[PDB]
*Asks:* 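Below: one structure in structure tokens.
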Amino acid sequence: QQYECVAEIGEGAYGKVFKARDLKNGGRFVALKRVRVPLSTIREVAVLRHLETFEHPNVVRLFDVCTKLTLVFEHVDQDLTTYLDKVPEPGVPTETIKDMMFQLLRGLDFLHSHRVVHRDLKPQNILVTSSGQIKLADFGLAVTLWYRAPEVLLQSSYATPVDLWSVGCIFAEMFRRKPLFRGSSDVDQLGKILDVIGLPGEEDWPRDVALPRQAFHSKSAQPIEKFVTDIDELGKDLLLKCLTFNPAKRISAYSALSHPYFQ
Ligand SMILES: CCN1CCN(Cc2ccc(Nc3ncc(F)c(-c4cc(F)c5nc(C)n(C(C)C)c5c4)n3)nc2)CC1
């Protein structure tokens with residue numbers, strides 16, 4: 001074969017991800033993702049190859065596709081989880097947070113402008129390169145609920161703002177070094193969210209969902225500087241715009257790129 005698996009990176013309800021030696025290309029490490037056995041899949045692979053033509057710096061490179069399905073990506077040594085675990089006290093430098101967030105938002109805007117929704121954005125699939133570059137992985141192909149948007153939890157809408165809620169959760173965690181909303185179920189996750197942001201207006205609550213606004217009594221919105229210590233005034237404004245309950249009122253990745261926090 002053209003590839004030689006040397007270690008396992010991950011396993012789950014997708015298949016397995018292996019760290020492999022790319023024999024033909026000077027023995028460089030690559031990440032091979034193996035998938036199961038359609039037509040919606042043919043189309044998803046076509047979008048992946050098309051996104052690769054842009055070679056965006058803030059998404060993992062796709063080097064090959066094999067015929068069950070093998071996806072060959074550029075290998076990157078660590079994820080954001082291991083990065084946050086190893087960073088010395090008192091934490092991630094203030095400008096390292098800003099730079100990683102800008103790159104996260106560039107990769108996300110690239111994906112959103114090409115009508116790809118990530119849907120499972122978390123530190124586990126945000127990869128940190130040897131030179132400190134952010135690269136997005138595990139997207140374009142169809143478990144922790146800590147980064148799930150309220151509209152996904154409520155099962156109402158699944159548009160691009162879903163990823164901006166996840167970004168807000170990641171932004172807060174870059175400061176905290178611990179997840180912001182650590183719920184044990186969809187109902188618990190929603191409860192934990194509203195204990196912080198507060199209850200939205202009855203007209204910001206989606207109609208025809210199973211969970212009504214009355215199922216929660218999470219009274220007032222608590223100040224965010226309590227849960228996210230050391231965040232500046234600008235970072236706080238951007239954090240709140242990502243963590244807006246109504247997805248139609250939530251900031252997009254494109255406007256986030258223009259926010260004064262990145263000046
Ligand atoms: C059990 C924990 N230990 C210690 C911590 N360690 C973290 C870690 C995470 C990622 C990498 N490397 C890497 N490089 C390039 C890639 F493109 C992918 C990649 C591609 C995909 F398509 C994926 N799809 C899914 C679902 N994942 C998951 C596997 C995250 C994908 C990952 N991964 N190296 C280390 C994992 C093993």
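Quick note: residue numbers are just sequence positions, from 1. When a ligand or atom number is given, it counts from 1 through the structure's own listing order. Per the header of the entry, the method used was X-ray crystallography, 2.3 Å. What's counted below: heavy atoms across the whole structure, side chains too, no hydrogens, waters or symmetry copies.
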*Asks:* Which drug is recorded at ligand 1?
*Replies:* abemaciclib
*Asks:* Which molecule here shares more close contacts with abemaciclib than any other chain, as UniProt names it?
*Replies:* Cyclin-dependent kinase 6
*Asks:* Answer with side chain, backbone, both or neither: which part of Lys33 has a heavy atom less than 4.0 angstrom from an atom of abemaciclib?
*Replies:* side chain
*Asks:* Should you measure from each heavy atom of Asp77, which atoms of abemaciclib turn up under 4.0 Å away?
*Replies:* 34 (N), 35 (C)
*Asks:* Of the protein's non-hydrogen atoms, which lies at the shortest distance from atom 30 (C) of abemaciclib, and what is that distance?
*Replies:* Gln124 O, 3.2 Å
*Asks:* Looking at residues of chain A within contact distance of abemaciclib, which UniProt domain do most of them fall in?
*Replies:* Protein kinase
*Asks:* Look at atom 17 (F) of abemaciclib and say which protein heavy atom is nearest, naming residue and atom and giving the distance to 0.1 Å.
*Replies:* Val60 CG2, 3.3 Å
*Asks:* Answer side chain, backbone, both or neither: which part of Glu74 comes under 4.0 Å from abemaciclib, heavy atoms only.
*Replies:* backbone
*Asks:* Considering non-hydrogen atoms of the protein only, which is the closest contact for atom 36 (C) of abemaciclib, and what is the distance?
*Replies:* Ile9 O, 3.2 Å
*Asks:* Nearest protein heavy atom to atom 31 (C) of abemaciclib, by residue and atom, and its distance?
*Replies:* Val17 CG2, 3.9 Å
*Asks:* Heavy atoms only: which of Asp79, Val59, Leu141 is nearest to atom 8 (C) of abemaciclib?
*Replies:* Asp79
*Asks:* Given that the side chain starts at C-beta and the backbone is N, CA, C, O, which of these parts of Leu71 lies under 4.0 Å from abemaciclib, counting heavy atoms, or is it both or neither?
*Replies:* neither
*Asks:* Out of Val76, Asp120, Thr81, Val128, whose heavy atom is nearest to atom 12 (N) of abemaciclib?
*Replies:* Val76
*Asks:* For atom 28 (C) of abemaciclib, find the nearest protein heavy atom and state the residue, atom name and distance (0.1 Å precision).
*Replies:* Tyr14 OH, 4.4 Å
*Asks:* Mind pulling out the UniProt ATP-binding residues of chain A that sit under 4.0 Å from abemaciclib by heavy-atom distance?
*Replies:* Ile9, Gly10, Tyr14, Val17, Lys33
*Asks:* What protein heavy atom sits nearest atom 26 (C) of abemaciclib, and how far off is it?
*Replies:* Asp138 OD2, 3.3 Å
*Asks:* Return the closest protein heavy atom for atom 5 (C) of abemaciclib as residue, atom name and distance.
*Replies:* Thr82 CG2, 4.0 Å
*Asks:* What is the source organism the PDB records for chain A?
*Replies:* Homo sapiens
*Asks:* Closest UniProt active-site residue of chain A to abemaciclib, and its minimal non-hydrogen distance to 1 Å?
*Replies:* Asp120, 7 Å
*Asks:* Any chance you could list the binding-site residues for abemaciclib? Cut-off is 4.0 Å, heavy atoms.
*Replies:* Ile9, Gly10, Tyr14, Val17, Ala31, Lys33, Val60, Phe73, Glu74, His75, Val76, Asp77, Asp79, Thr82, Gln124, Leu127, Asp138
*Asks:* Where does abemaciclib get N/O contacts under 3.5 Å from the protein, atom by atom?
*Replies:*
unit_1: abemaciclib; atom_1: 12 (N); unit_2: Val76; atom_2: O; d: 2.9
unit_1: abemaciclib; atom_1: 14 (N); unit_2: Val76; atom_2: N; d: 3.1
unit_1: abemaciclib; atom_1: 14 (N); unit_2: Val76; atom_2: O; d: 3.3
unit_1: abemaciclib; atom_1: 24 (N); unit_2: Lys33; atom_2: NZ; d: 2.9

